[PDB]
Amino acid sequence: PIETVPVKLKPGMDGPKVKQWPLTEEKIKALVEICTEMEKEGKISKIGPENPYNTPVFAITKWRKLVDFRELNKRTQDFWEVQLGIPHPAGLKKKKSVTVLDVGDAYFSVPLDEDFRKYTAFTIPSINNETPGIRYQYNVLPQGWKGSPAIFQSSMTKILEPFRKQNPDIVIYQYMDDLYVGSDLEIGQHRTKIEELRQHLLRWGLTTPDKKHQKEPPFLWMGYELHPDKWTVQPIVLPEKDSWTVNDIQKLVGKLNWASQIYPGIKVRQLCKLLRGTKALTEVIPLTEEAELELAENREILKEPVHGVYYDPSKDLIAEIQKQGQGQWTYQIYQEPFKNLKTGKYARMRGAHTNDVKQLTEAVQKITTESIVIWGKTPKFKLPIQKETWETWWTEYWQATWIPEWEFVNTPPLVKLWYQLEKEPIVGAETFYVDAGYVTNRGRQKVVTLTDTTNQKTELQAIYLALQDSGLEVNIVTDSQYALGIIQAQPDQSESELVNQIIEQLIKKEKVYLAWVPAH
Amino acid sequence: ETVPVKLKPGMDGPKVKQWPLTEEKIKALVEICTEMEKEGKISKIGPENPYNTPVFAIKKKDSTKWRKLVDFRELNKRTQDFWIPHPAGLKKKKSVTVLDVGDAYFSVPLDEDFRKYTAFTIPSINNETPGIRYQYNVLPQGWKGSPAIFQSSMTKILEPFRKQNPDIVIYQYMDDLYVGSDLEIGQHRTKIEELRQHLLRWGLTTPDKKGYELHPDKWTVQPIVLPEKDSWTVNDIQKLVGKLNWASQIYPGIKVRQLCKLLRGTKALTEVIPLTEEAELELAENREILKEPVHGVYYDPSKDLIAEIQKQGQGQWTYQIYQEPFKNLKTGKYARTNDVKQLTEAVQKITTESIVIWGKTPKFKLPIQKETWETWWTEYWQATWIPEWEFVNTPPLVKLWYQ
Ligand SMILES: O=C1Nc2ccc(Cl)cc2[C@@](C#CC2CC2)(C(F)(F)F)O1
């Protein structure tokens with residue numbers, strides 16, 4: 001039927017010459033039957049002992065022929081990656097009706113590069129010992145071989161190609177041995193095209209199940225539950241118990257996460273806290289009062305089904321973003337007011353310290369990136385930030401950045417800049433020279449020496465001290481380019497406590513001028 | 001008719017991940033490629049071909065058509081070297097116009113055993129389809145081998161116009177053609193257009209680009225500067241001493257002893273300090289030392305060209321082209337649109353200058369997050385080449401010492 005895909009071994013390498021394991025006469029028997037039916041169908045063919053190559057085989061009444069091609073595969077060229085990523089459901093279009101077609105005898109319908117067959121040679125032992133065994137070789141795509149998946153996919157799409165142009169209404173997504181066919185056709189006309197397809201495939205030896213022997217919606221797929229006009233995630237059930245093991249908690253969190261893409265409100269902050277210090281996947285962690293509350297809240301949220309709507313090219317994509325806790329963002333992408341195509345969370349803490357502006361901006365990128373991936377275009381953004389505030393940070397920051405069309409949305413908590421460094425020294429404000437203590441222009445000083453502290457950490461401490469003892473307005477002079485940079489980036493949150501302490505001071509001051517000067 | 005090109009010994013073909021594209025661009029590439037296929041420039045390929053090079057679609061400024069841009073960067077680094085030396089005269093021309101002689105490669109076939117390596121893919125939205133894959137049959141635009149292999153036919157196809165009016169210095173870098181001269185702005189665009197027809201009578205319709213001209217003759221370096229303050233506060237001086245101290249790394253002649261003295265004890269920042277004859281003279285010297293680039297900075301062709309860029313805010317940027325730290329071969333600036341649009345315009349601007357001056361593109365160090373650059377750079381980029389680049393987090397210290 002189809003033209004063959006030329007194949008070659010990896011360079012330098014030669015075909016496999018691996019020993020055929022001993023086989024029971026019952027195994028020998030079952031195999032000769034299976035192998036004679038396959039020679040009757042042409043899948044394989046008998047060859048003479050001139051072929052020095054060989055792949056091991058075995059059998060696993062119920063009998064089946066399993067050929068071990070791992071060795072050959074080690075020697076077989078690399079092929080173009082069989083379908084890398086898979087379409088997120090939020091990116092599919094709404095269909096009136098859809099039919100999934102399972103393709104049987106898939107690989108058993110595509111010839112094999114003649115020039116390559118010899119390399120797939122294998123041998124089944126003859127019952128009588130005096131006599132030699134039978135040597136065959138595949139003429140089709142051998143289940144288990146390296147290129148089969150890719151060579152098959154290729155062919156398929158080459159086969160669907162025509163039918164497709166003759167049916168511009170119908171949408172077909174190919175996935176492994178499945179064939180998802182959808183349309184906006186009336187129930188009757190749909191089942192007809194489907195049968196058309198089924199024959200267009202049969203025409204090349206491709207066999208699929210008929211109308212009664214076909215799976216019907218919703219299609220549970222790759223962790224989702226797909227309807228023709230809507231989707232959702234596979235049903236999620238939060239176990240009930242009083243003894244949670246570290247492993248238990250991890251799986252719970254994992255599940256909880258897979259849900260955020262549709263269920264808004266899911267939180268894991270507290271359940272994740274339970275993993276601190278854990279010493280074995282089988283260690284038991286009692287649920288804190290906050291964790292119990294979280295679980296309960298998620299149970300409830302999960303209790304009532306939610307569902308994602310499909311992409312409607314006609315309309316615009318809107319992405320809305322909110323802050324739901326320090327370093328915690330939530331967003332949703334819709335086209336029609338509140339009809340969510342998809343939702344999600346972002347907690348990515350990029351860098352040791354940041355602020356809501358940098359973070360928020362980083363969320364736009366992720367969202368933007370996945371939007372282009374799922375829909376091919378970027379969504380208009382509705383952000384809890386004012387354009388003035390963004391631009392303030394914009395120009396200040398030494399790093400370039402861009403945010404597509406977006407409109408401010410007055411939905412607390414609005415993201416802001418809790419403090420800003422005066423660009424010029426303050427007249428009349430005391431001056432603190434810091435190097436682990438400090439000296440002011442007003443004669444004041446305090447040299448403290450702390451136990452257990454990094455050099456980098458000793459600096460911030462001094463600056464900290466300085467802030468603590470200073471009035472509402474203060475000028476600070478450090479030789480630490482580090483702390484300078486840190487504070488200069490105007491963080492509002494830090495993993496370090498010191499920082500946070502300092503940030504507290506900054507927010508409190510009326511005016512702070514930070515200056516750097518080389519040491520020594 | 002094909003010339004046997006190979007890869008550097010032992011190297012395999014590129015397998016570069018294709019960055020997600022927008023439906024707008026993809027469609028553009030579909031039309032484009034469906035036509036290159038129709039013309040046998042490219043051909044659909046099968047699964048036995050595991051290679052890949054990223055492809056993109058950029059627009060031609062003041063032109064309605066889209067352009068397929070292929071990131072052969074990975075490939076070009078793995079392609080066998082080929083054994084005209086860069087003209088030190090071009091940089092000295094009054095005006096250089098840049099042309100897109102890319103369509104010229106479209107005739108020369110590509111050695112069939114090398115074709116597989118030029119494989120690329122047109123992604124599909126949401127992976128709802130496997131995505132269209134092709135390879136080239138003719139010399140591809142952007143591939144290092146193309147200009148080389150076509151070196152010959154070019155020399156010939158240019159030999160007449162070359163010696164006809166040799167008062168012009170023509171130069172080829174990849175798909176581009178840099179045409180320099182000293183004609184008057186009018187007499188230039190004239191003989192400039194003529195070359196365009198002389199080439200039409202040989203291969204492509206060849207459109208110029210950036211349609212404007214460069215004026216290398218006027219490219220001036222940006223020396224380190226110092227605040228010309230009327231009165232000097234303790235702060236002013238500190239920023240001064242500091243900047244100086246940093247610039248001493250490059251100019252050993254610089255001194256601050258007298259300036260540092262003006263900063264005795266624990267003085268209040270805003271305290272205005274009057275400058276002392278001694279120091280005042282020391283400053284003027286330093287200032288005088290900075291009036292020009294540090295001596296002994298020669299371009300070593302065996303080394304790569306690095307280009308760092310900084311954001312000074314206000315839509316203004318500073319850059320430095322060098323090979324060895326503190327030994328910059330050049331510096332300048334760019335002014336304003338948004339942050340990304342500006343950076344690309346700069347990168348491209350700096351690369352063009354680099355090509356004219358050294359006939360080589362530099363390795364950039366961009367102050368941006370990869371994912372952001374990857375997302376928008378193709379939005380304003382219009383050059384036919386793509387420099388190598390990296391992503392850094394510049395210290396607001398070095399940014400406080402330029403411009
Ligand atoms: O674009 C659409 N619309 C759609 C709507 C409902 C369902 Cl259940 C399936 C689809 C579909 C698909 C698919 C595979 C990914 C699952 C189909 F191709 F139509 F089959 O892609």
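Throughout, protein chains are lettered first and strands after them, A, B, ... in sequence-line order, and every chain is numbered starting at 1. So this one's X-ray crystallography, 2.5 Å, going by the header. Note: hydrogens, waters and symmetry copies are ignored here, and every other heavy atom, side chains too, is used. In listed order, ligands and their atoms are each counted from 1.
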### Drug or drug candidate at ligand 1
efavirenz
### Task
Name the macromolecule with the most heavy-atom contacts to efavirenz (ligand 1) in this structure, as the PDB entry names it.
HIV-1 RT, A-chain
### Heavy-atom contacts of efavirenz (ligand 1) under 4.0 Å: other chains
A
### Query
Heavy atoms under 4.0 Å from efavirenz (ligand 1): which residues of other chains qualify?
A:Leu92, A:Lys93, A:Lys95, A:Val98, A:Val171, A:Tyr173, A:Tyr180, A:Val181, A:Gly182, A:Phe219, A:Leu226, A:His227, A:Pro228, A:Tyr310
#### Entry: Nearest non-hydrogen protein atom, atom 8 (Cl) of efavirenz (ligand 1)
A:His227 O, 3.3 Å
### Task
Identify, for atom 11 (C) of efavirenz (ligand 1), the protein heavy atom at the shortest distance, and state residue, atom and that distance.
A:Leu92 CD1, 4.3 Å
### Task
State whether the shortest distance between N or O atoms of A:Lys93 and N or O atoms of efavirenz (ligand 1) falls below 3.5 angstrom.
yes
### Task
Could you check atom 13 (C) of efavirenz (ligand 1) against the protein and tell me its nearest heavy-atom contact, residue, atom and distance included?
A:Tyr180 CB, 3.7 Å
#### Entry: PDB name for chain B
HIV-1 RT, B-chain
### Query
Counting from 1, what efavirenz (ligand 1) atoms have a heavy atom of A:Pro228 closer than 4.0 Å?
5 (C), 6 (C)
### Protein heavy-atom partner closest to atom 17 (C) of efavirenz (ligand 1) - residue, atom, separation in Å
A:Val171 CG1, 3.9 Å
### Query
What atoms of efavirenz (ligand 1) come closer than 4.0 angstrom to any heavy atom of A:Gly182?
19 (F), 20 (F)
Exercise answer, efavirenz (ligand 1) polar atom pairs (N/O) under 3.5 angstrom:
residue, atom, partner, partner atom, Å
efavirenz (ligand 1), 1 (O), A:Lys93, N, 3.2
efavirenz (ligand 1), 3 (N), A:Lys93, O, 2.8

